[PDB]
Amino acid sequence: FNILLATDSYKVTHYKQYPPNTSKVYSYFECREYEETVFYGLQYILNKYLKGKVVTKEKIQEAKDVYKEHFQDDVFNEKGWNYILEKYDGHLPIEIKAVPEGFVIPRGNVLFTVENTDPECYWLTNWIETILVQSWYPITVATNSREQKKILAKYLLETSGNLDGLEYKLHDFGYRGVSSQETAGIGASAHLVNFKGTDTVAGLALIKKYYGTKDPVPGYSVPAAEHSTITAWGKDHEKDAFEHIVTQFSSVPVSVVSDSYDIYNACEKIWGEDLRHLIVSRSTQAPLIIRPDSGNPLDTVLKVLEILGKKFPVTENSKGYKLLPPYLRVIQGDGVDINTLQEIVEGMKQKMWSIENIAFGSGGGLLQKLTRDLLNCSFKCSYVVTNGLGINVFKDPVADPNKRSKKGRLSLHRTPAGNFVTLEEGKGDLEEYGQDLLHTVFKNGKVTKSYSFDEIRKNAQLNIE
Amino acid sequence: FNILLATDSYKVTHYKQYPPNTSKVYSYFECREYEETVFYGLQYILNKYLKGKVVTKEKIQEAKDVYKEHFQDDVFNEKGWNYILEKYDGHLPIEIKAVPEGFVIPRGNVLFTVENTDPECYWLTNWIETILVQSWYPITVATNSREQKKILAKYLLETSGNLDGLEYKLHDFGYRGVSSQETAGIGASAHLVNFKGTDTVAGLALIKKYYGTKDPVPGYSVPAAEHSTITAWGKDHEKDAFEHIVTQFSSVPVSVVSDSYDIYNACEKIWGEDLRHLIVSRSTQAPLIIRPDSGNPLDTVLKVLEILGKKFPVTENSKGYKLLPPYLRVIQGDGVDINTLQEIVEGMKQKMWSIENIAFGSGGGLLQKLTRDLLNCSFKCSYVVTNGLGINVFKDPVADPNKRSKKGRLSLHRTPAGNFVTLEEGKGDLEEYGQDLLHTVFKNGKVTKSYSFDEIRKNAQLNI
Ligand SMILES: O=C(/C=C/c1cccnc1)NCCCCC1CCN(C(=O)c2ccccc2)CC1
Ligand SMILES: O=C(/C=C/c1cccnc1)NCCCCC1CCN(C(=O)c2ccccc2)CC1
């Protein structure tokens, strides 16, 4: 990895574009006015990419060589990068301030700020815009996950009277449906801020290396079947596959995909009649979890439940809702995103089925079907010093007021009612509001303030009680 | 990187689930059921992740230790992975066949197949599903970018006489808009299959390392402003910023974002009146490229062109379409995806503006606004041998016929009309449809067949 090759091409040319006699470029990050976001992921970037000796003589040559061919021109700030190497032993002369990781903050608020600590390195602040803005992803995944936990919480509490097992109600299936290996790790870590169940293994090693937990691992899974693991038996021997798998895993929770050929047959005849004897003998700590995987998600879940309720002993009510026997549960893992999750739980409630009956799995919707536009994650310059004189700067495009950016030196404060407010124009310097809620997390090549994953999870809790 | 920790956790438990006495698991990849896809990206994966000694005693132990806590149990197949280490010096006993990279293939065709080459390693075929399926991404980016080149080609050809400058008409802006550094490299590389213009400076090193070009680099850029380099001058000094930037870059092409405060004022008064003398003096080798960056993408572009054609000398084409003077162009890099790209070029054509006047930039739309559902990229088992007998294997869910998978030994063939067909059930073994078009690209830890990025580009060319 070469930090000199980890920016937008045009930013290689920006040092020649700022006003001459500019000693400071100050920039901030916001989710431009999902009315509330989880700040997560910066610490990963600081450690992996920005910390320590990130500039060497070889990295300067490498970049020089590439940019020459790439631009067909000698645009590249070799002098500027040599200065960092010579004066700071290749450590970035940058200070970053940030709200604690895990903090849940309404949109339109400053989440972190970036400025150079050396007047020569004025160009450096926005060189690292590209890398830092990619924090949009862990933030958006953590936020979207939490918002889905909010819906589950609402309906679990309503139908059941509590929240038992909530943190296992959305399972991460997103590993293969993601753009890369690195994305898998970052994204599965963000989901684990809210839940404890994951099939995306990459996230466990990221967390332990960059954040850490008191617990040996932040995430957990159970034995589960695949379509290959059923279909390999031959279409006439689906029952032999089912029987073999529940028996191999008789003592632990086991999930078995049941829609290879006909899910409704599989539930009514195979599980409900042929193999019922192997199911009803199962421990409460080791349910069979039937996994539908196709058809309309709502329509299929409801039909699966109606089938099963008539083949197995249903109890009712502490809230009036119906509950499968303890050794039998369902997991819906196809076509689940924030939109369809809400339609499924609402449809179940309408049909008198408790949310304690179901868990969800999500792949693409959970990790890949997200974009920087969702929360309008943006990084903009708000303050510059030119000729020893500070000015408050901003953009304000005529045709789009929603793209207007903040002015001057910023700070994040607690309001009298206990909410959040960003102060602009250096106004935080007055003592009218609180202490600044942002902390220096990186300065001159060193991470100066760290958070464990246990603190992050704590910070990102839902209110309910 | 540890390949024992690079799978869906449930696949850790799959070796216990296949029928006893299974010696062969044979699986394939398809874009199930955007009628044609560019096959790109597998080679990166083979080289980065699957080739060489991928298994060590340390990697086995690490995986053992993680999975013990992850499952709260001992389900990890230590014995199976130790057999690889001992027998094959940590090299995977797997064979993969694949269509040549860059190949443009209709949906529903086999693109690659995977099978184990040792009976002991029957569970290994689908262990590497997860990693291989991430192919969906370079394939989907390459396909979507090509589709966008098709639209541009159609409209450039119609409004001007030709396709001059086509390969520079969609610029990659997506570096900050993707999920990671690795994603940036993969995705920008995939866009470069179709175009030469990029600001995503991670795709170049990927291409040189895994694919290679004859030219020093596969992608190019020019000097350009961002809002910070305009806005830092102060609101009242936007003209000073413009003048400074174009003077610093007066002999090369330069893009200048002009919507910091008022895009329409900047074009008509600042570029069109105040600084006109610095624009009209520019070389044809070095146009000023005005960059709008907000508002309705089509309404903005059209008003931008109208403004400018009335401040600068416009010429009318051999096709009847209007053309800015050679030192002035436009790049629209906000809200551009395949849908809005089409609407802009059509709206331009309707108002008699040639596509030679414009280039596009695209960020999240080009590299992030994509899913595995778009082309239905899917890896499925189609053939197994158990107790010495091979059986054709498949799923066929009652409520979704579009999820049905292919049966038995698969093969890709050329039809009598010169099209593609996938033959199932080992029927390719009959000499009826000629030679199998898939090539062995990986076998027993070695890459056996590979392609230059120059070959890939050539394969991915448009008919036009
Ligand atoms: O099925 C898959 C993975 C599928 C997959 C993975 C990757 C790619 N493609 C497909 N994994 C099985 C995970 C189950 C985890 C927990 C066990 C404990 N649990 C209940 O006991 C339960 C309580 C109440 C309601 C339901 C269940 C809640 C769910
Ligand atoms: O504006 C940006 C980058 C913006 C950005 C990057 C990253 C993130 N956010 C924003 N870059 C300048 C790109 C120009 C590249 C080529 C030069 C040659 N060229 C024409 O001469 C031309 C011919 C016909 C029509 C138009 C132009 C075609 C376009």
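Read the sequence lines top to bottom; their chains are A, B, and onward. Heads up, chain A uses the PDB entry numbers, so what you see runs 9-41, 54-485. Note that chain B is numbered according to the PDB entry, with residues 9-41, 54-484 shown in order. One-based numbering, in listed order, for ligands and for the atoms of each. Quick note: numbers below take in every heavy atom, side chains included, and nothing from hydrogens, waters or symmetry partners. Header lists the method as X-ray crystallography, 2.1 Å.
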**Prompt:** Name of the drug or drug candidate at ligand 2?
**Reply:** FK-866
**Largest contact partner of FK-866 (ligand 2) in terms of UniProt** = Nicotinamide phosphoribosyltransferase
**Asked** Which other chains are in heavy-atom contact (under 4.0 Å) with FK-866 (ligand 2)?
**Response** A, B
**Message:** Any chance you could list the binding-site residues for FK-866 (ligand 2)? Cut-off is 4.0 Å, heavy atoms.
**Reply:** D16(A), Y18(A), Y188(B), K189(B), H191(B), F193(B), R196(B), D219(B), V242(B), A244(B), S275(B), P307(B), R311(B), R349(B), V350(B), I351(B), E376(B), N377(B), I378(B), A379(B)
**Request:** Return yes or no for this condition: an N or O of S275(B) is under 3.5 Å from an N or O of FK-866 (ligand 2).
**Result:** yes
**Asked** Which atoms from FK-866 (ligand 2) have a heavy atom of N377(B) less than 4.0 Å away?
**Response** 25 (C)
**Request:** Could you check atom 8 (C) of FK-866 (ligand 2) against the protein and tell me its nearest heavy-atom contact, residue, atom and distance included?
**Result:** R196(B) NH2, 3.3 Å
**Prompt:** Of the protein's non-hydrogen atoms, which lies at the shortest distance from atom 17 (C) of FK-866 (ligand 2), and what is that distance?
**Reply:** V242(B) CG1, 3.9 Å
**Request:** Considering only non-hydrogen protein atoms, determine which one is nearest to atom 21 (O) of FK-866 (ligand 2) and report residue, atom name and distance to 0.1 Å.
**Result:** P307(B) CG, 3.5 Å
**Atoms of FK-866 (ligand 2) close to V350(B) [distance to a heavy atom under 4.0 angstrom, numbered from 1]** = 26 (C)
**Message:** What do you see: which UniProt beta-nicotinamide D-ribonucleotide-binding residues in chain B have a non-hydrogen atom under 4.0 Å from FK-866 (ligand 2), if any?
**Reply:** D219(B), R311(B)
**Message:** Quick test: of every protein heavy atom, which one is nearest to atom 7 (C) of FK-866 (ligand 2), and how far off is it to 0.1 Å?
**Reply:** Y18(A) CE2, 3.5 Å
**Asked** What atoms of FK-866 (ligand 2) come closer than 4.0 angstrom to any heavy atom of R311(B)?
**Response** 1 (O), 4 (C), 10 (C)
**Message:** Can you report which non-hydrogen protein atom sits closest to atom 28 (C) of FK-866 (ligand 2), along with the distance?
**Reply:** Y188(B) O, 3.8 Å
**Message:** Students should be able to answer this: which protein heavy-atom is nearest to atom 11 (N) of FK-866 (ligand 2), and at what distance?
**Reply:** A244(B) CB, 3.6 Å
**Asked** Which residues flagged by UniProt as binding diphosphate in chain B come closer than 4.0 Å to FK-866 (ligand 2) by heavy-atom distance?
**Response** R196(B), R311(B)
**Residue and atom name of the nearest protein heavy atom (relative to atom 22 (C) of FK-866 (ligand 2)), distance in Å to one decimal** = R349(B) CG, 4.1 Å
**Prompt:** What residue and atom, counting heavy atoms only, is the protein's closest point to atom 19 (N) of FK-866 (ligand 2), and at what distance?
**Reply:** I309(B) CD1, 4.3 Å
**Message:** Can you name the atoms of FK-866 (ligand 2), numbered from 1 with element, that are less than 4.0 Å from a heavy atom of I378(B)?
**Reply:** 25 (C), 26 (C)
**Prompt:** Near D219(B), which atoms of FK-866 (ligand 2) are under 4.0 Å from a heavy atom of that residue?
**Reply:** 6 (C), 7 (C)
**Asked** Of all the atoms in FK-866 (ligand 2), which lie at a distance below 4.0 Å from a heavy atom belonging to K189(B)?
**Response** 24 (C), 25 (C)
**Prompt:** Against heavy atoms of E376(B), which atoms of FK-866 (ligand 2) measure under 4.0 Å?
**Reply:** 24 (C), 25 (C)
**Prompt:** So, for atom 5 (C) of FK-866 (ligand 2), does the protein have a heavy atom nearer than 4.0 Å?
**Reply:** yes
